[PDB]
Protein chains: 2
Amino acid sequence: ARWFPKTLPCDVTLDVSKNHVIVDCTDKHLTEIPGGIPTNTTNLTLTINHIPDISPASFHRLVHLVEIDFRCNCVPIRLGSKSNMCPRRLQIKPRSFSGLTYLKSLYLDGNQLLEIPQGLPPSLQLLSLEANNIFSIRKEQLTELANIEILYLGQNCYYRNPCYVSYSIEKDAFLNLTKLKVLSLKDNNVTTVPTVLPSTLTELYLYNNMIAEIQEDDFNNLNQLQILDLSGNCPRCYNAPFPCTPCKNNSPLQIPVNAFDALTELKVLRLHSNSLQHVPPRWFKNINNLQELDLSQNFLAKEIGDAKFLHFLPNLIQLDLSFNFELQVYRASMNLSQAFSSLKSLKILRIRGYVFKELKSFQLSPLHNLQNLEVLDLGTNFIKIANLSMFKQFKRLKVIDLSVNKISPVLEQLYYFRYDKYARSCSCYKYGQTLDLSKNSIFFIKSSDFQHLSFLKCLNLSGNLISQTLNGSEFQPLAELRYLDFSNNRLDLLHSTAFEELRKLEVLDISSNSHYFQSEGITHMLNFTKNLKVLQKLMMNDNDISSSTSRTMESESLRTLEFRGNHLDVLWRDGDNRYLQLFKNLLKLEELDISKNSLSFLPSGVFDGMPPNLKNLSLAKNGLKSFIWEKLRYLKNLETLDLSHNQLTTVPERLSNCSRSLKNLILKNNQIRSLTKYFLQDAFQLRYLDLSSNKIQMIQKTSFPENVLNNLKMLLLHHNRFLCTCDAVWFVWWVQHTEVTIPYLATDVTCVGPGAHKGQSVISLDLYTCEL
Amino acid sequence: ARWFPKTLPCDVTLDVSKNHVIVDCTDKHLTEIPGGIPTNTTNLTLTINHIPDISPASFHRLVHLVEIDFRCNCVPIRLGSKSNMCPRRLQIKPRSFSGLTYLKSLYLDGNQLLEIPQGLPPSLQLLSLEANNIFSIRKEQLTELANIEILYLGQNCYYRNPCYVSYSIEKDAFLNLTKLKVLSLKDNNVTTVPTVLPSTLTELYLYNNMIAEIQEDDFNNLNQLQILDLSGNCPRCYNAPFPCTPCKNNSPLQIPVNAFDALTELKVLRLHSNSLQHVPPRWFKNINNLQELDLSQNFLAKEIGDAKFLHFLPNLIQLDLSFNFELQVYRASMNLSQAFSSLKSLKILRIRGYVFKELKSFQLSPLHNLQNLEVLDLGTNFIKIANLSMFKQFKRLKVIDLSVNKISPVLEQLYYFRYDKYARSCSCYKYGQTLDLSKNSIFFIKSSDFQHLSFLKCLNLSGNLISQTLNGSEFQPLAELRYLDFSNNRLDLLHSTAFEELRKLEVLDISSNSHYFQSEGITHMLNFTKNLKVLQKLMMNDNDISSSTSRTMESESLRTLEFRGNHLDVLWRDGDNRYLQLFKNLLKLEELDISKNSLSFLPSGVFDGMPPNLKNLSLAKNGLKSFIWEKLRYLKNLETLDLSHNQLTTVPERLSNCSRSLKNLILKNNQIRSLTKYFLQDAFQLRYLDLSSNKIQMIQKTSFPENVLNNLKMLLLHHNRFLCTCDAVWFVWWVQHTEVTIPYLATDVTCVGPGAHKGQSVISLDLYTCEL
Ligand SMILES: *[C@@H]1O[C@H](CO)[C@@H](O[C@@H]2O[C@H](CO)[C@@H](O)[C@H](O)[C@H]2NC(C)=O)[C@H](O)[C@H]1NC(C)=O
Ligand SMILES: *[C@@H]1O[C@H](CO)[C@@H](O[C@@H]2O[C@H](CO)[C@@H](O)[C@H](O)[C@H]2NC(C)=O)[C@H](O)[C@H]1NC(C)=O
Ligand SMILES: *[C@@H]1O[C@H](CO)[C@@H](O[C@@H]2O[C@H](CO)[C@@H](O)[C@H](O)[C@H]2NC(C)=O)[C@H](O)[C@H]1NC(C)=O
Ligand SMILES: CCOCc1nc2c(N)nc3ccccc3c2n1CC(C)(C)O
Ligand SMILES: CCOCc1nc2c(N)nc3ccccc3c2n1CC(C)(C)O
Ligand SMILES: *[C@@H]1O[C@H](CO)[C@@H](O)[C@H](O)[C@H]1NC(C)=O
Ligand SMILES: *[C@@H]1O[C@H](CO)[C@@H](O)[C@H](O)[C@H]1NC(C)=O
Ligand SMILES: *[C@@H]1O[C@H](CO)[C@@H](O)[C@H](O)[C@H]1NC(C)=O
Ligand SMILES: *[C@@H]1O[C@H](CO)[C@@H](O)[C@H](O)[C@H]1NC(C)=O
Ligand SMILES: *[C@@H]1O[C@H](CO)[C@@H](O)[C@H](O)[C@H]1NC(C)=O
Ligand SMILES: *[C@@H]1O[C@H](CO)[C@@H](O)[C@H](O)[C@H]1NC(C)=O
Ligand SMILES: *[C@@H]1O[C@H](CO)[C@@H](O)[C@H](O)[C@H]1NC(C)=O
Ligand SMILES: *[C@@H]1O[C@H](CO)[C@@H](O)[C@H](O)[C@H]1NC(C)=O
Ligand SMILES: *[C@@H]1O[C@H](CO)[C@@H](O)[C@H](O)[C@H]1NC(C)=O
Ligand SMILES: *[C@@H]1O[C@H](CO)[C@@H](O)[C@H](O)[C@H]1NC(C)=O
Ligand SMILES: *[C@@H]1O[C@H](CO)[C@@H](O)[C@H](O)[C@H]1NC(C)=O
Ligand SMILES: *[C@@H]1O[C@H](CO)[C@@H](O)[C@H](O)[C@H]1NC(C)=O
């Protein structure tokens, strides 16, 4: 019990080690900077509110600020919400920041500013002005930034935030910023590389602009540069998901053979979507240290068969040559130059979108002696034919990616095609060697398909066309396999011996194999688990399972079963007792997800039929309208119960008399109108309680004893129907004074009434008239 | 417009032609019979309420009743709701019905009654007592029913409603019911056919019981019998979705060879799930008239190859032999006896679940000269091989059904396996010859697959594995095809010539082909419609479409496009204008469904890009948060606008000023809190307005002018947040007195407040204190 309730609508955190006082008002529907921000505040975040102006009054007392993050209070129209459009650009009055003598970082992105704010203090190292309307950079406006190290100025002139002219940078605008390390002028309608830049630069971002030519002297003095990105100048526009204008005459970005001669420290060079047709070896004459080269989205199909430049790249770790195919050509095979065999240090090679019919072992020979190679990505190639046995020569790899091909007998889903993959907003690999054949056209498998692949630890066959009864013979070579992803196929579980040859299998995913489960009368052996002696996790979600020939699933090893998106309602049809012990003999089961099974009620017998060590149970999203809480007594190890998104109207009379073990109880999104008188009495093991999005009007102390409440890690109460009368005096006082974490106090823990108090936050509620 | 507002919570309808006054109180959450039921009431329905008793008071004034339907006021526990269980059986006091001199039909199903109710009037023709607890029938209890024609007594003793003993029927119980035509004793735990039954019977239902044997004289005197159902006596229990006990020693229902000799009028004989191994021809010696025979779910696999009995069935119209397979046998081929060729009158033949590998032309030769044959169903057979050309000999058929097989180069989904398909609760065929290959394993198609099939009007390929670029060559022989269902495949629309060879195609479904639309960078030609010159309807739902190589779809014929479940939000990304005319050149488009496209706002240009004759537009389920109503002015022929299930908060100031053509406006399930002052002023075209499930508090007269309300066919206002204060005087009076059709007045047009009035129906609201 606090003496001084916190009324500030911001989260406040103390890191006493670094003398930091962190005040986070992100997304609090503020129209002004709140009063009462601590005087010792060092980090203030006001991102995503609607504060229309800054003034000397804004940060007057806050002389210790090292960081102000004031992003996105007035976002450009095409980037922002159309339902609450910002009426007018952010107004910054003079002298708003000059008193902030300690200020090291100022983020003003996304405020529709017209100029670089002046009057900035000389302590400043980082200034961020992305997604404003600043499209002319003048030396005079940069004087104030003598000590600046990091300067983000991109996204001020592009299709989502147009300025309708070419960007302008004055000659030498940046040269006297003698500490400047990082400069980003991406997405800006820039026409030439600005010169001369300070020789202190380590990173220069010039991507997504209109630079048609690099001058031979553009990067001459940049002997500390580590990252250079020039991508998206003369873009390759085929199937671009954004408005795309190529350089005329089908020209590439014109880079002189000596343009990079000064860049002795360069580790990263990105030349994505520059419409390049050749890669001159001479580019790399004085760069020995290069680690990452991106040449995706050019027209380098022919060059890949020649590629003399690779002889200059013995320290390269990553090479990307994806999407270099020649339009309207479907090549017979892949032609990799012998020069690839020079890439001594290569760990990652990506060649998506080369677009060819047949992959053959001899085509990968240039890679045979790359000892460090960990990832080979040949996805999205429309490969029809590939003998998988070729990968016996690639046992050292971590991931072989043939995803999205047409074979028959982790990068973001948008990655190569998106406009700016580093734009800022307001998995089985860890098991060992992985062969990813997801999203192919495999319709039938047999043992011989996997000959010589016994070293594989993860096989991903998700999203193939496999419509086959498995009998234990199809995967015989895969003696080491620990993870099989068989999701999104048409498994037919006619035989209980399915998968038994995978003797080291720990995780099996057969989710989204609903096809044979959808048609009446068909045999399904759900007892196939018995044979899998180290199986830890089974996923069988979204299989629409409503019938089973076997009555029990069996396993001595299984710990986790996901059974979401089935029809246990039909299996457990009231009057039919036959499947009430379906999961009972999964003796080591700790986690069971039976959400989304249309269970509007639970027949008696379900809880008695649960296996004895069940710890985490989800019954979410079932339309459940009633629930006999007493039956939780059968679940002696139960720690997490998820009943979210149902239609429950009551809680147990005594949660302690239903379950002694329960730590996490999730009742969000139900129809609960009141709590029982002694609901939480003596529930000392309770740690997490979600009652949000219900219809609760009143809570009294008997239901919510203080010796239970003060031990919760989290208590969620938001989006209820609290009635703020004199009867609510205890709850209101308790909420205002507690240290228990209750999220959304500042925003969605609100009185609905009476009258005067409607829409008011309970945190701000003054009930003195109740005590007169 | 009314002087006497209707307060009765039942719908009341007049059919003056048959002198009927129909009062329907179905599902009105009634706990008593309401007062004020009209004295002239002829049909009274009180089904699905919680009225706990009937007495002389119940129907006292209602002397003209011809029908009382009082079903399901206390349903058996396993059949009923578990959230509102019925506490005690319905109580009927003496003399409750004897005054109802005209009563012809009494339904008392599903009330947990213990006996046949006595004191019934002699006018009664139909009595229904299904799903009660009456399991002993005595002659004495039936004397009141001298005039009874129809008697339903089933579902009184079975697994969903157990009685724990065998059913008992006294000897000759029914014999003196000399007008009895229809008797149903299904689902009753009956052990013998009751005898002697009255010779006036036309239909006898004895299915789902424990009859082990028919005696030779059980049906001797039933010379008027038309329908006999003995199914589910000695059931075939393999994969039964209900608890199933077979007769011992695998015995069939034992039927003597002469058991049916008296049944000269018999038209329908159902012997489903009787575990039959033979069908003696002698059964049918004296039945010439038989039209329908069901022999599904027996063990007749061998008999189908012999089938001498078919020689006695020259008038049979329908024959069902589905699910006769031998357990654990997968036959090479199907062996139909030559005797099938004697089925001169046959229209429908179903043989699902025979379970065989290969279908060959010669196997169907016994059917070649059945001239009347219209439907051939060989679904659910696990057929792997079938030359589709064989169906050139079957051009006279209406439907050829090979659904749910494994072929590679309309009955309810539960039908053959369900317990009782006639249990009572409380498509392209019309285009002509149909070949249904849905739910097969076809992975690649070519022209020659359809050789000799040019007569087909509808082809169903839904749910195959077709992952192929189509180029206009794959369907060349299908010259007459009007409907292609290509849904649930993996169409790759690389070429705009896809489907062009289907020159007569009127409807194309390519819904749920999302696979190639889900991976970035892939080419997709949505302009493939240009070539299809009679195409009327295109469905491309749930394709996840977020990119297109072509900018415009084109067609001179298309009238209906379904484009639901895509990502128009990504295609029309704010700042990208390229796809704003995607639909503009569908010049004859009248119907466009762009629901479920994540459209949280509509970019400007969308409405100007719509084609000119658009009449019906759905933007439902988009998360729409704002809407510029004025843009509706571009849609000059707009008649239906569906904006349901969005997050709109306001209506236009003047709908008339946004659209002159709009007739139907659907705003249900939005967040509207108030209407604009003059919302409907001069909206003379408006005919239908749905404002249900919003948050409206008050409506005043200005918003709703009488000269618009007078032309409304329907105005939906239920599930709002009406505040019943003195400011609501107009709305409350208007609702009570209007003739405009407003559904759910009895149930869901309710005050939320203030206090006293909470949960009260507005129809019942008395505001006299406002006028004092
Ligand atoms: C508070 O503000 C300071 C100043 O911007 C932040 O300091 C940065 O912290 C990380 C450590 O995780 C470093 O790698 C950066 O280089 C630091 N920058 C400077 C300029 O000191 C600090 O992280 C902020 N803390 C918050 C918001 O919690
Ligand atoms: C990028 O700069 C160009 C000019 O280099 C802008 O193009 C001009 O736009 C105006 C108004 O749209 C036209 O009337 C001029 O004719 C254009 N000039 C040229 C030379 O193209 C372009 O809009 C700028 N891009 C962005 C996104 O703001
Ligand atoms: C159908 O009738 C049989 C009796 O013919 C019922 O089975 C008996 O049930 C009692 C109580 O469960 C048992 O003690 C007897 O052993 C059973 N007898 C036999 C012969 O099986 C059965 O309960 C009835 N079915 C239903 C659905 O009520
Ligand atoms: C009407 C079918 O009844 C059971 C059944 N289930 C399957 C099944 N899940 N898959 C099958 C695959 C090939 C052949 C037969 C079957 C099969 N069958 C047929 C059977 C002979 C029993 O295997
Ligand atoms: C990275 C791929 O970009 C374009 C494309 N789209 C498809 C497509 N939808 N399907 C294909 C099928 C076979 C071979 C090539 C393609 C193909 N291709 C390759 C192309 C050469 C244009 O045909
Ligand atoms: C591979 O590519 C190079 C292009 O420089 C070409 O000279 C060579 O003939 C090609 N080999 C094959 C097998 O196509
Ligand atoms: C696949 O490659 C292996 C050699 O690693 C060989 O045994 C096998 O015969 C090849 N398969 C086919 C189908 O050519
Ligand atoms: C397998 O590939 C699919 C589809 O590409 C992906 O979503 C899935 O997570 C992968 N599976 C595993 C286990 O990594
Ligand atoms: C499993 O199927 C394969 C053919 O795909 C066959 O070789 C084998 O005999 C089958 N195994 C058993 C145990 O029946
Ligand atoms: C699985 O299902 C049933 C018993 O419930 C039986 O037909 C089959 O032999 C069983 N197989 C295993 C591995 O338990
Ligand atoms: C009214 O009851 C009579 C007699 O049962 C019946 O024939 C008629 O269909 C009923 N009408 C309606 C509308 O339910
Ligand atoms: C098919 O079936 C019957 C078995 O009932 C057998 O007598 C007959 O010879 C078989 N005929 C053919 C053509 O296989
Ligand atoms: C299918 O049968 C037809 C005769 O109707 C014949 O032309 C064709 O050869 C058969 N096709 C195949 C692939 O066997
Ligand atoms: C085609 O078959 C599927 C069932 O497999 C069914 O859902 C669909 O409605 C049928 N299509 C048509 C046009 O009848
Ligand atoms: C279309 O595809 C078929 C078979 O794949 C082939 O016969 C034909 O060459 C193709 N037509 C065109 C115009 O490419
Ligand atoms: C479809 O789209 C592209 C232009 O994006 C064009 O090449 C192609 O010929 C068009 N086809 C038709 C049938 O209009
Ligand atoms: C909307 O109302 C104004 C004022 O009456 C009128 O001038 C304007 O033309 C109207 N527009 C339409 C489309 O009716």
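By convention here, the chains are lettered A, B, ... following the listed order of sequence lines. Per the PDB entry, chain A residues shown: 27-435, 459-475, 490-835, in order. Residues 27-435, 459-475, 490-835, in that order, are what chain B shows, numbered as in the PDB entry. Reckoned from all heavy atoms, side chains included, excluding hydrogens, waters and symmetry mates. Just so you know, ligand 1 is whichever comes first in the structure, and atom 1 is the first atom listed for that ligand.
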Student: Among resiquimod, norethindrone, chloroquine, which drug or drug candidate sits at ligand 4?
Tutor: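 Among those options, resiquimod.
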Student: Quick check: main partner chain of resiquimod (ligand 4), as named in the PDB entry?
Tutor: Toll-like receptor 7
Student: Using a heavy-atom cut-off of 4.0 Å, list the other chains contacting resiquimod (ligand 4).
Tutor: A, B
Student: For B:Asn265, is at least one N or O under 3.5 Å away from an N or O on resiquimod (ligand 4)?
Tutor: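 Between B:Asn265 and resiquimod (ligand 4), no N or O pair is found under 3.5 Å apart.
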Student: Which bit of B:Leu353 gets closer than 4.0 Å to resiquimod (ligand 4), counting heavy atoms only: side chain, backbone, both or neither?
Tutor: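 Neither; no heavy atom under 4.0 Å.
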Student: Counting only heavy atoms closer than 4.0 Å, does resiquimod (ligand 4) sit against the backbone of A:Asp555, its side chain, both, or neither?
Tutor: side chain
Student: Looking at B:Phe349, which atoms of resiquimod (ligand 4) are within less than 4.0 Å of one of its heavy atoms?
Tutor: 1 (C)
Student: For atom 7 (C) of resiquimod (ligand 4), tell me which residue out of B:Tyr264, B:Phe408, B:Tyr380 has the closest non-hydrogen atom.
Tutor: B:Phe408
Student: Does resiquimod (ligand 4) have any atom that is closer than 4.0 Å to a heavy atom of A:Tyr579?
Tutor: no
Student: Can you tell me which portion of B:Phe351 lies within the under-4.0 Å heavy-atom range of resiquimod (ligand 4)? Options are side chain, backbone, both, or neither.
Tutor: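 Under 4.0 Å from resiquimod (ligand 4), B:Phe351 contributes side-chain atoms alone.
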Student: With only distance considered, is B:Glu352 within less than 3.5 Å of resiquimod (ligand 4) through an N or O on each side?
Tutor: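 For resiquimod (ligand 4), there is no N or O atom that lies under 3.5 Å from one belonging to B:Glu352.
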Student: Using a non-hydrogen cut-off of 4.0 Å, what is the binding site of resiquimod (ligand 4)?
Tutor: A:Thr532, A:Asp555, A:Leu557, A:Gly584, A:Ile585, A:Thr586, B:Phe349, B:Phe351, B:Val355, B:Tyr356, B:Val381, B:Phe408
